[PDB]
Every structure is written in structure tokens, then in C-alpha cells.
Peer 1: 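Got a structure for you, questions after.
Below, read A as the first sequence line, B as the second, and so on, with proteins coming before strands; counting in each chain starts at 1. Note: hydrogens, waters and symmetry copies are ignored here, and every other heavy atom, side chains too, is used. If you're wondering, the header gives X-ray crystallography, 2.4 Å. Indexing begins at 1, ligand by ligand and atom by atom, following the structure's order.
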Amino acid sequence: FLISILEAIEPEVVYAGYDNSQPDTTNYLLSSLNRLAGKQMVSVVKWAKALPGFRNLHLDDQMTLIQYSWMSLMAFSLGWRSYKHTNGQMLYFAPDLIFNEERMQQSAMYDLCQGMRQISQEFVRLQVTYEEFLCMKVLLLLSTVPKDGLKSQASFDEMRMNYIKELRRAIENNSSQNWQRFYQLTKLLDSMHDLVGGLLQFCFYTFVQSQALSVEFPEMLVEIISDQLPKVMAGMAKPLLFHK
Amino acid sequence: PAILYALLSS
Ligand SMILES: C[C@]12CC[C@H]3[C@@H](CCC4=CC(=O)CC[C@@]43C)[C@@H]1CC[C@@H]2C(=O)CO
């Protein structure tokens, strides 16, 4: 019933608190997304703590893991929402902030938007199930680690394997077909890294010139990014891939 | 990440 749990701790929908009466300038669009991100951050943290096995890890690791994977978690959840609500035609950031063709253009990050829409499309092509999605999401939280290692390395390794097995369980069907499914689903997981690399590059770029660009970031994000940025630029993080 | 740490340890 490990999934029964994943299903119960799955965060409730988060609204952007977006004001459509405002002009959709690049500044307002990005600042609004950053606000949504701050609100989603709170939800991912509360979700992580309720994750069977996450609390067994050292606090330092818990901090490090969320710090390195928050962008991937949110982009992936965005992929799912866009899949269930628009069959992947639009980015369902939040019920009150749906990105259509127009907002993608005025956002100044059209390409990153398409990259994110591509994840949504994969969900469509593969008809990913809700259970597969929940398991994959957890794996994401456990796929970007410090090159030097975690403090609860052993506790970490066990947890990761358990969720990988949980994914297999979600995956009736014959053995070969289940193998092919696993291969394809883990290919999707590995693809997140390139997408995230690009998402993070723009995030760091807008973060550095925040005031000069008039792109706002909520306090919680400012602290996370401020600490994370140098670590990423220093190549301190590495992905845990499923494929060559 | 002050706000985050405080949120994770409670
Ligand atoms: C960080 C970001 C705004 C926030 C989003 C992120 C892309 C992924 C994402 C998905 C969500 O469901 C919440 C918003 C968000 C976290 C964007 C990547 C570039 C953009 C900016 O850099 C704006 O300054």
C-alpha cells in the first residue's frame, strides 16, 4: 500500500494568485511564475516530509536533495497537470494561470515552455498512469545528488531502490512488455536532466539580475537559489541515470 | 536556505 500512501500525500492543487487584469509583460509573467514556485515549494517540502523513508535521511541530505531537485519536481508535475487538463496542448501551471501560445511568446522563454510541453506530450504518447506518475515523481527527488555523496548514503540507496521497485509494481502484462515499459519510463526520467539544465540556467540568469530585470522572486526561493546556484556552477551535483 | 531548513525541521 506504499502507493496508497503516495496517493494520500500528493499535494492539493496550488493556485498562482495571478491577476489577469495586469498586462502580461515578460516581467509580470516571470514574477508570477516565481510566486507560484514559492507556493509550490512549501507544498513539495510538506510532501517530502510525509514521504516514507525521507525522514530517515540526515537533515542535511533532505535539504540538499530538495535543493537540487525542486525544479525537476515542479516541471514534471506541470507535465502531468498539462496532460490531464489539456492533453498536453498548453502548460497548466495553475488553475488561474494557464499558458497558451500568447503567454509562451511574451514569457521570453518559449523554447523552455516547449521543452516542458514535450514532457506533457510524452505522458500522452505513453499514456502514463497516475500510479506510474507518483512513483516517478519520488525518483526525481532522488536523482540529483552531490558528487561527494550523502550523509545517509545507505539509507538513501535503500529508499531509491524501494521506489524503483514500487514503479515496477505500478507497471498486468507480460515480463518483456513490463521491461519495455520500464525502459521507456526511465528514458523519460533521464530526459528531465537536460530540460532542467536549461530551466535552471534561465532561473539563475533572471535571479542574478532580478532587480535590474524587475523579475521578482519570493524570499524562500531567494535563499534556496542563492545557496544552490554556486553549488551547481561548481559542478557539485551529478544525476543518477537509468540509461547510457 | 533559512526558511527551508526551518520548514523541514518541524
Ligand atoms: C523558474 C521559472 C519560473 C518558475 C517555473 C519554472 C519552470 C517550472 C515551473 C513549474 C511550475 O509548475 C511552477 C513554476 C516553475 C517553477 C521557470 C523556469 C524559468 C522561470 C524563471 O526563471 C522566471 O524568473
Peer 1: I'm curious which macromolecule has the most heavy-atom contacts with ligand 1 - what does the PDB entry call it?
Peer 2: Ancestral Corticiod Receptor
Peer 1: Which compound, drug or drug candidate, is present at ligand 1?
Peer 2: deoxycorticosterone
Peer 1: Which other chains line deoxycorticosterone (ligand 1) with heavy atoms at under 4.0 Å?
Peer 2: A
Peer 1: Can you name the atoms of deoxycorticosterone (ligand 1), numbered from 1 with element, that are less than 4.0 Å from a heavy atom of A:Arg81?
Peer 2: 12 (O)
Peer 1: I'd like to know if A:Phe217 contacts deoxycorticosterone (ligand 1), where contact means a heavy-atom distance under 4.0 Å to any ligand atom.
Peer 2: yes
Peer 1: Go through deoxycorticosterone (ligand 1) atom by atom and flag the ones less than 4.0 Å from a non-hydrogen atom of A:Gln40.
Peer 2: 11 (C), 12 (O), 13 (C)
Peer 1: Have a look at deoxycorticosterone (ligand 1) and work out which part of A:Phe207, if any, has a heavy atom under 4.0 Å from it: side chain, backbone, both or neither.
Peer 2: neither
Peer 1: Any nitrogen or oxygen of A:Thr206 lying under 3.5 Å from a nitrogen or oxygen in deoxycorticosterone (ligand 1)? Just yes or no.
Peer 2: yes
Peer 1: To which protein heavy atom is atom 14 (C) of deoxycorticosterone (ligand 1) closest, and what is the distance rounded to 0.1 Å?
Peer 2: A:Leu33 O, 3.9 Å
Peer 1: Which organism does the PDB entry associate with chain A as its source?
Peer 2: unidentified
Peer 1: Mark up the atoms of deoxycorticosterone (ligand 1) that fall under 4.0 Å of a heavy atom belonging to A:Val215, in ascending order.
Peer 2: 24 (O)
Peer 1: In deoxycorticosterone (ligand 1), which numbered atoms sit nearer than 4.0 Å to a non-hydrogen atom of A:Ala37?
Peer 2: 16 (C)
Peer 1: What's the shortest distance from atom 8 (C) of deoxycorticosterone (ligand 1) to any protein heavy atom, and which residue and atom give it?
Peer 2: A:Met116 SD, 3.8 Å
Peer 1: Any idea which protein heavy atom is nearest atom 3 (C) of deoxycorticosterone (ligand 1), and the distance to it?
Peer 2: A:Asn34 OD1, 3.4 Å
Peer 1: For deoxycorticosterone (ligand 1), note which part of A:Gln201 has a heavy atom under 4.0 Å away: side chain, backbone, both or neither.
Peer 2: neither
Peer 1: Name the closest protein heavy atom to atom 20 (C) of deoxycorticosterone (ligand 1), giving the residue it belongs to and the distance to 0.1 Å.
Peer 2: A:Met109 SD, 4.0 Å
Peer 1: Nearest protein heavy-atom contact for atom 1 (C) of deoxycorticosterone (ligand 1): which residue, which atom, what distance?
Peer 2: A:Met71 CE, 3.7 Å
Peer 1: Binding site of deoxycorticosterone (ligand 1): which residues fall under 4.0 Å, heavy atoms only?
Peer 2: A:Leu30, A:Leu33, A:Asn34, A:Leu36, A:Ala37, A:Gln40, A:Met71, A:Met74, A:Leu78, A:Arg81, A:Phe93, A:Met109, A:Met116, A:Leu199, A:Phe202, A:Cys203, A:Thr206, A:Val215, A:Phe217
